[PDB]
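Here, delavirdine is shown bound to HIV-1 reverse transcriptase.
Simply put, chain letters go A, B, ... down the sequence lines. What you see of chain A is 6-88, 96-215, 232-433, where the numbers are those given in the PDB entry. Chain B residue numbers are taken from the PDB entry; in order, the displayed residues are 2-539. Indexing begins at 1, ligand by ligand and atom by atom, following the structure's order. We use all heavy atoms of the structure for the numbers below, so side chains are in, but hydrogens, waters and symmetry mates are not.
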Amino acid sequence: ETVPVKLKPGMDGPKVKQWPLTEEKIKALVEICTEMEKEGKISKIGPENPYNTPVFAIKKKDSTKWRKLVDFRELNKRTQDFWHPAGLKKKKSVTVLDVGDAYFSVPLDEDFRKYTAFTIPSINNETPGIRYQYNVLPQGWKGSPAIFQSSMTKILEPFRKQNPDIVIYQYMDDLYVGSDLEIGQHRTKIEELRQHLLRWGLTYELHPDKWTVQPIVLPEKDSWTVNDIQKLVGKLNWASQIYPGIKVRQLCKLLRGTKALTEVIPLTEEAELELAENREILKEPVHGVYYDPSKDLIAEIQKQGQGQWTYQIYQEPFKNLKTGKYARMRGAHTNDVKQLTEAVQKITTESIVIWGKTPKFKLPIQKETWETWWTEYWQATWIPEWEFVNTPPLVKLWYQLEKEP
Amino acid sequence: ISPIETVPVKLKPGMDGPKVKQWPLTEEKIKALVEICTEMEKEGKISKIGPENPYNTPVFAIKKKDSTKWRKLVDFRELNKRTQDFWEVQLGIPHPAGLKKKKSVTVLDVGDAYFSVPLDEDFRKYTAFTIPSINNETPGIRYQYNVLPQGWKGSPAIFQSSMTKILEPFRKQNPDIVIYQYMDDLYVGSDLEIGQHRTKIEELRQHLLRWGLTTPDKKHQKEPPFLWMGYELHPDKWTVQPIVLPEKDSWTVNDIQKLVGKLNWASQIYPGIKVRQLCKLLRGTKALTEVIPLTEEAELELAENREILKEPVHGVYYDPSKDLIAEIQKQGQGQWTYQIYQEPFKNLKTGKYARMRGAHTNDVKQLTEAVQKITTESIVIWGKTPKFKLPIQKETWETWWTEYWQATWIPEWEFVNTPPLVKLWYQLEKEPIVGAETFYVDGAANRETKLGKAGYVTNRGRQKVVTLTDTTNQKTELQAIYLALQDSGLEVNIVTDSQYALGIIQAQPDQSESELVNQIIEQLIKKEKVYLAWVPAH
Ligand SMILES: CC(C)Nc1cccnc1N1CCN(C(=O)c2cc3cc(NS(C)(=O)=O)ccc3[nH]2)CC1
């Protein structure tokens, strides 16, 4: 039978406009859709359906075989509710698998289908878009893994008992398998899981335990100039928003007088102590920070430049759950949008591994720029929420100061 | 009517069909409406009904242009606001630039198409209207629609859908033919020779006929260059049809605004169109009907525009086997002109972006924006991004982008030296300047009295303070920096606590909304080296 799925009280179906696609992408979607049409998974719809959800074609690791990807973010937020492993983060190596291919097996409630309406665009609009709706469980839709949960655990159990030292977690179309076995034995065991998964209907890795909490390193110098001290004080002052024990008084006293920026200032013992105490405070994360599951997770990113990027995940301003840095991947040398997308995906995978949810991003990129080119470098099955922001000059300056090896 | 499956139509959430009373008409209008309705009744378009229908829509009677023949119109205005929402019909029509050159083209007319597609037999009751009788007494003749009603909300969408089902087979059978649906028109073009082409068309027409959709008559046919909204489509290219400027020695505000409208649109195609002096006339206008005399300067540019508009600008069609190239020029601060072509001088399209009079930006940022706008435009027209030819050195780009706080990017491009070249007007020093004077600037203003002071004290003993009336604190802070700049040599170190100038350090803008910041920019540009240092206030 089909489970009667419905929308949250008062909500209506999504009517998100389809963004223009490149010719390659359109061709790929059309092929893919014709196939799914033949396989009875999706069906052409009429004008009596006013709903719509964005669709695009991605590519991931390993192929030319364009993968269809639908942006169900709005539908997910409108879908009724249906109401996590603490050890997954402490695993040596975690592998991700796309179990999205399993949903086509289960049919979607007929009365809900209308809401899955999506559209393949036409170049120069010389042809009306090709409208379709789902007949089965859609990939990327929250209701899919939920409905398919009964079946999912069932198929997974046999592997879980053969290997309960391994932790398996499911988020959307993904499955993260974390084990403490060494690379080879780990991967060999994963393929064992896949082979097991393949006798039903579907088809590198992370290292969580390595995610070290990096501190802030303050500059040290033989001689300090008026400007060096000034820059140090600016950053320390900002840092007092996190660590209220940080002090700039004794340093600020050295800044008394209209002296040349390049002039060298001898540090008074009192100022020297202050700097020492400050370094001690920054030696460890601020106390009392804990994750509240009933709160939205936030991820802010700053463009540090030269391929470097910094981020912080929190819920309350300054009470950071995690902070990190991302260097551009080989190849992304002239593309910011690629580095950013890669960053968002990396940060999001961590958020899932750690808290089992995707954070809401604050991206230092113009709406237009992002929306025009993010898809070209997207590889994950899911899509996180995002807002576009103006990065404050100091927040960047402070996190740039993070400790490196 | 036709033998096509009807579309399931429903009313909005919880509403009911219109129940508006029938407008009173004369024996004349009525007698007319009666005959038309008897005709439609037999064509199967409408059906005579009765009391088993509480819904009603006002029917009206009008005669057509410089003529006389009673027609009819039904005000579905109400039914429309009560009918469900449908899928959005193509609001964005194609653009000649993206049209592939077809050896033979043909445009069919299916005006009657609306009244050919059946209406959802369930929904029909809601389209009931009434032909009144002679002066509010004997009951009028009642009817309802059995076909897609003209003026009804869902008609255009439903008709388009139907046309698609019907065309799907033909399209598959012979893919070398390109069909385009637009209003009551089908623009069928192919690479076949005229004879084979005509044969296909007849097959197509006959195919539609089998479906109930009849096509044009020897009279109602579109033949010469297809006048497709402001464009004449020729086989070799497409031209811009006459955009005429009226000769009036009396111009009202309306006349001037409308004129500027036409002129502004012309700025996209025609090189050199200017309206500055025209716009100037709108200053302090007290009424649409006010007549403002054209200043000499206005009469001159209007004259120049008249000449520019009488030039043969023509575009070309799209050839997939050829590269898409877009070149940009900075036509003054903020304004950018571009032309997308495949083979030199043969443009597929041209255009220019007015200037977003921004709060705080720079040319490289603006160049980027123009680039992104063009890209989206290209992706929508050709499903491709073009190769860019930008008047900016790779070195300029690398230096700027690689250090901007915001993610920015420009697709595959190439430098084209066609002055003026966009550039970085200045670059703030990376470190303090050894030797150069150090200004400690400060401006403070009482936000309420709007009275303040802006000054500085340097390590060289130079000092100054200026009293300002009707200012704001931000203005003083900035002004402080201004004086610092004005009174300093070619190399300066400036320290301020204005984290609003900290914004200038990170973004280094070369244009702003405020005249003050602009002045500062002018000064910055003038120095050989400037080092801006921010320090926490108080
Ligand atoms: C409705 C819009 C979207 N156009 C359009 C829609 C659908 C298919 N194709 C289209 N176009 C392709 C580009 N294009 C030509 O290549 C062309 C014009 C043309 C004129 C004559 N002769 S004439 C009538 O006397 O001017 C002879 C051969 C010709 N070829 C015009 C038509």
Neighbouring chains of delavirdine (ligand 1) at under 4.0 Å, heavy atoms only: B
Contacts of delavirdine (ligand 1) at 4.0 Å, non-hydrogen: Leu100(B), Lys101(B), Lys102(B), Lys103(B), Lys104(B), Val106(B), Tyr181(B), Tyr188(B), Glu224(B), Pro225(B), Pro226(B), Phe227(B), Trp229(B), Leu234(B), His235(B), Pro236(B), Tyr318(B)
Organism in the entry for chain B: Human immunodeficiency virus 1
